[PDB]
Amino acid sequence: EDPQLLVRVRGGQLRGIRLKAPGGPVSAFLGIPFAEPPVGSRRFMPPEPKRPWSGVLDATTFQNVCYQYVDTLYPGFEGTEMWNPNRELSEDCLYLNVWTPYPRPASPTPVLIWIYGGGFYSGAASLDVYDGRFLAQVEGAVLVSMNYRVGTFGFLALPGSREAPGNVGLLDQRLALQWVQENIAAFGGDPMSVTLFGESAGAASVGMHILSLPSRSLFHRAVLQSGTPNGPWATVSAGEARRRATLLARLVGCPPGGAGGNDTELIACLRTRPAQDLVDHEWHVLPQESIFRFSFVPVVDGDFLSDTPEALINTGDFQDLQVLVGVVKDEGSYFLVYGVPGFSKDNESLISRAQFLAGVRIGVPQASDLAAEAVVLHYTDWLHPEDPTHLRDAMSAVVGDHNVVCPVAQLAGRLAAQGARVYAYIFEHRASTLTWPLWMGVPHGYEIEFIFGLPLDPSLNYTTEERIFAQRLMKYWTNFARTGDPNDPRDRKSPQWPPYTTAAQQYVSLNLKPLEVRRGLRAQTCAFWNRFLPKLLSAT
Amino acid sequence: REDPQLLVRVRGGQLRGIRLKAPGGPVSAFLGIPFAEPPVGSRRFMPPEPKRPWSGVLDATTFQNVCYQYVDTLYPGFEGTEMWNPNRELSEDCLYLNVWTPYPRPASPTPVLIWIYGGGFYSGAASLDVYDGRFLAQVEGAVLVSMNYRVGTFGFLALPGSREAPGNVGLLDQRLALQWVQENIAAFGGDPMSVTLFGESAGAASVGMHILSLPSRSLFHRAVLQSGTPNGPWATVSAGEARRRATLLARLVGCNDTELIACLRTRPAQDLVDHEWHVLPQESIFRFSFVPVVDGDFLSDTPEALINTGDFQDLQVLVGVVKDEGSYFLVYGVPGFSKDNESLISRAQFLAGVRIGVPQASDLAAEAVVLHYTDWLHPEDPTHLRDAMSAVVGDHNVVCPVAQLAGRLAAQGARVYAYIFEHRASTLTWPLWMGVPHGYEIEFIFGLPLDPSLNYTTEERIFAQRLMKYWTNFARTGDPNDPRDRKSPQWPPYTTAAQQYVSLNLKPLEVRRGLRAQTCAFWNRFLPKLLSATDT
Ligand SMILES: C[N+](C)(C)CCCCCCCCCC[N+](C)(C)C
Ligand SMILES: C[N+](C)(C)CCCCCCCCCC[N+](C)(C)C
Ligand SMILES: *[C@@H]1O[C@H](CO)[C@@H](O)[C@H](O)[C@H]1NC(C)=O
């Protein structure tokens, strides 16, 4: 047929499809099974390498989304729907995608592996905003985006157990990585320049790979957008993981009656429950009412993660590492409508003070009273402690800083200090297209469109600057991808992006106006969160 | 034959004053008038008993003894330090007051201004050149009274509940002086119905105490608290602490409460002064040995309690603070600070100094403080660190307690006026790094720049006038604003809602909202909870 859309892989033949990007043709190999479907008695189990196949495996289309909760908060609303599954749900979802430029690159092009985010409970490479055709067509890079097990399926764990040891949604990603290694070669990809890049929980994931030895040998560069492995939401202890597994199990009738004491039977029992049964009780295992906290996520097992990601970034050796890190203007905005009284995407959410005080307890569930006070002290504007507008924006700040920004900063600094070559940024441009209210500004995850290059598509209603902007962004990423320096290669155009350093603390303003270097990532505020607050908590 | 204008008859007898010359004219001055029987011998530690009547004409032309106290020998010969030291023979017999009126004495009853001097309750005197009534008297026509009150062990050593050493006597001395004015001030042309109290540091604390003590409250109508409050970390002590110290000091000099006080009364006054500092419990600064005890008598409850639950509708108050309240004190106990160099310190000193400045803090409380006052972008910059250490001490001990008091008073009916003094005396002898320290506003209020003999500038003289106008207008009408003269900058009341105060500097008045708002919420609201959580 066409040697361009026909490829032999370590397991067998494949057939891609030829996509048409604004600037030209692209080869796309969608739905490549990287592992044997983790269904049946394989559920909660580490993934296994897909067995070799006979004939030509079709790969002209997107596979099934892993089993996960579907958002029903705002039915029909693009702002939420855009994140929901666009393919059928199934426990048989272990496939990855590959975009290569048409025709295949002359020599070993650098590879950009994307890891989607969604609180470790949702997400899919199948998504529109994760369309890696532009970054291949335009920047000529080999882009790979895989699907990994979310929710209970990916992270339910009974630490120490043989049949649900946890973190399998990560081993999924790791397995996709080992694949890209021994197989990307055939797509014109360089198995020597693997640059991982993900947002939210994907970012947190990327971090996990950096912190996990076995994952090291599978990548060389890393980008962590709006998320880290060290936060208050990305991991749970062994005890908590268990307490939530058993509880979820219990709710689903596992085991039935007053029988118990055997984890194997407990999992065996769980393995028989319809997928939707688990998803039904996913949210009932949280210990307190909250936001930006997820039920099933990576666990500190002492295997995939040898110790807390905190303890790891604190004492790891990141000398050789080259990382790109960042954040958006208002991380915490999106999460407010999902459980904080007074907040809706429909009104301006001009909240009362009491609403704000309550909100603080939700957004910071692990906080004792005194610690809550501290947070209130810090975020209240005492000249106007009643102004609804402040209270509103302050709530978004508490959430966004606590969960994303400060942890980012804590990582960046701890990384740089450890030997890493870190680069930081603050995405501040609010897409014109954006359907969420003005009050949320630049919400968690609204940088993707630009990094992926969606504004390049003419049909989509993006402004010309946004297009130029997107290209600029794609440039930084791909540049960081090949070189390990997001800067205009040789061609020293103009503004330079300096490495974030402990002493200097430099990050850049990623927006319409050319680069604009700044110092201190909420330095003051994050000193509160990263230095003080912790000891306030470990006292109370 | 006598000058009819300098001969005054007072309840205890007659007295002759002296005609003084102020820059713009003559002024009458009656100095060293006794208002109490000499608190000596067995009268030591005891409350003041009224001055017994005398015969003949008492000589009220010269200042009297300064109350027995400690003398500041830190920087021998240094004006900025000596300007506060005793300028008359020390003696226990020091209970006298001074009145300054225009010359000739005013025809119409004029508003009285009563000055209570600073000095951390361990020192001070009305004898001091900075507390000179002559300018206020001559330029504004005020009747200015100022008294001496016992300090240190003599005026504040307490064995709560005993008869022979009840404590707070120095505060009683001031009250007695306040009564004396009530009675006798009419004789000089003063109006007993328009008494306005004003003080600085411990002086302002004392003023606050009179506001919070019922008896004293019916002896004045308005008040001005300059860089000082009744509430706050240093102004008062528990009854148990007061006793811990008193008992300790007693033991330190070789001494049943009665039998103890008896022994302390045989000790030479200097023996006491020498040991008064040995009783402090911790390595600190801006923390004094013998201050007002909360006896449940003069002070029914704590000033904190009292300002939170009191009626203050019938009160007009002027409160303020100078731009660099902390500096002066760093020099006294925080390593790395000297008047001689620029005192740029290392983060290590800043850290060890916060424990000096907030001696009562727990490691966590301290760390909370450190976190607040650090510039995390340059946590090592000695300049910022130096400036910051000064703010910790100023905010903790003065600025915030003032903001607290302003809010509580305002909240509970009072009419409050607030300011921040920002001008640095051109003639200032303290290093430029100390900015406008604690006490360097006084000389302007009292009108010293009006004396051409002193080397102030023309602007400074004009400034002094403006301030004297502010104070007197307030002492006169409860409002510091120029009445008829709807001039230019109008000074609005501090309200809990708007939180406005003004800038007292060479430029015209400027209104500012929120007095160290965010920082004071840390000290006032949060720090205490954290403090109690981590307490002993
Ligand atoms: C922004 N994306 C999507 C890319 C990543 C964010 C994932 C976190 C979603 C927060 C809302 C959780 C709501 C939980 N429920 C629906 C159960 C209330
Ligand atoms: C300017 N006036 C006279 C109105 C106020 C003077 C206040 C004196 C400050 C002394 C601080 C001592 C601190 C404790 N140690 C002994 C450690 C220095
Ligand atoms: C916004 O709307 C939600 C639900 O419609 C409501 O709970 C909230 O009180 C509203 N807030 C304002 C400020 O209108």
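Residue numbers begin at 1 in each chain, while the letters A, B, ... track the order of the sequences. Atoms within each ligand, like the ligands themselves, are counted from 1 in listed order. The basis for the numbers below is simple: all heavy atoms, side chains too, and nothing from hydrogens, waters or symmetry mates.
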Which of the following is located at ligand 2: naproxen, decamethonium, sulfapyridine? decamethonium
Looking at this structure, what macromolecule is in contact with decamethonium (ligand 2) the most, according to UniProt? Acetylcholinesterase
Show which other chains sit less than 4.0 Å from decamethonium (ligand 2), counting heavy atoms only. B
For decamethonium (ligand 2), which residues make up the site at a heavy-atom cut-off of 4.0 Å? B:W84, B:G119, B:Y122, B:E200, B:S284, B:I285, B:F286, B:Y328, B:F329, B:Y332, B:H438
Which organism is on record in the entry as the source of chain B? Mus musculus
